[PDB]
Protein chains: 2
Amino acid sequence: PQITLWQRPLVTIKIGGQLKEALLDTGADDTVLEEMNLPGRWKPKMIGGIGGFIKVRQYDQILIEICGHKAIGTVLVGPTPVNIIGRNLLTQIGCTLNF
Amino acid sequence: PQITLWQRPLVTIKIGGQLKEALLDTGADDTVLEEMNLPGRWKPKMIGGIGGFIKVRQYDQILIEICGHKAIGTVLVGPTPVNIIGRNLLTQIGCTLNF
Ligand SMILES: CC(C)CN(C[C@@H](O)[C@H](Cc1ccccc1)NC(=O)O[C@H]1CO[C@H]2OCC[C@H]21)S(=O)(=O)c1ccc(N)cc1
């Protein structure tokens with residue numbers, strides 16, 4: 001659907017059989033989720049934001065359903081304060097900014 | 001215009017007579033710019049992201065032109081690694097997410 005930005009653009013996501021809320025985040029290159037068990041192989045990685053950097057686990061080719069749209073991509077897991085859906089997955093669900 | 005997300009959604013802004021590049025950032029509540037002279041009164045403030053917090057100067061009722069759309073609102077100035085246009089200004093230029 002189309003969404004305005006008067007409130008945080010939070011959507012429901014389903015990943016690893018679990019239901020979560022996550023922020024559609026055009027300022028995030030990558031998707032980063034708070035601590036959870038994703039099954040399979042991962043690689044250590046560091047991502048930076050405002051305030052500095054966090055260590056994350058990088059999981060590749062993970063299936064996520066974002067507000068009813070399925071995407072398969074890289075998910076990072078670590079101590080982000082908020083679940084964020086980044087451009088790597090936004091592109092797959094055909095998400096655009098409009099003004 | 002309409003903007004896809006294969007690349008960072010970077011736009012030209014004009015603020016305090018200066019031309020800068022800034023990221024349209026639906027994951028940011030606030031607009032935060034890197035160090036610059038904004039004229040007038042400010043207040044100390046702290047904002048948090050991934051990796052922790054930064055101290056910023058809060059300037060109210062600042063005029064910004066974002067990709068040719070004028071907005072007046074709060075601008076935060078501080079050691080963000082990237083100029084980010086947040087929802088406080090995105091709403092004023094009628095910016096929407098669609099998928
Ligand atoms: C994490 C969000 C809930 C909030 N952040 C906005 C977010 O878009 C930042 C915006 C951002 C962009 C660049 C550098 C720092 C912060 N992106 C970000 O942290 O993304 C990380 C995930 O992938 C990587 O892509 C870029 C940074 C990494 S934030 O920068 O911390 C932020 C917080 C509060 C305000 N008022 C403004 C911005």
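Below, chains carry the letters A, B, ... as their sequence lines are ordered, and counting in each starts from 1. So this one's X-ray crystallography, 2.0 Å, going by the header. In listed order, ligands and their atoms are each counted from 1.
Per PDB records, the drug at ligand 1 is named darunavir. Most heavy-atom contacts to darunavir in this structure come from the chain listed in the PDB entry as Protease. Other chains with one or more heavy atoms under 4.0 Å from any atom of darunavir: A, B. Listed in the PDB entry as the source organism of chain A is Human immunodeficiency virus 1. The proximity of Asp25(B) to darunavir, defined as any non-hydrogen pair under 4.0 Å, is limited to the side chain. Those atoms of darunavir that come under 4.0 Å of a heavy atom in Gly49(A), given as number and element, are 15 (C), 16 (C). Between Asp29(A) and darunavir, at least one N/O pair is under 3.5 Å apart.
Those atoms of darunavir with a heavy atom of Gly27(B) less than 4.0 angstrom away are 2 (C), 3 (C), 4 (C), 6 (C). At under 3.5 Å, not a single nitrogen or oxygen of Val32(B), backbone or side chain, sits near a nitrogen or oxygen of darunavir. For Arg8(B), no nitrogen or oxygen atom sits less than 3.5 Å from a nitrogen or oxygen atom of darunavir, counting backbone and side chain alike. Using 4.0 Å as the threshold, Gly51(A) has no heavy atom nearer than that to any atom of darunavir. Contact annotation: for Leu23(A) versus darunavir, heavy atoms closer than 4.0 Å belong to the side chain alone.
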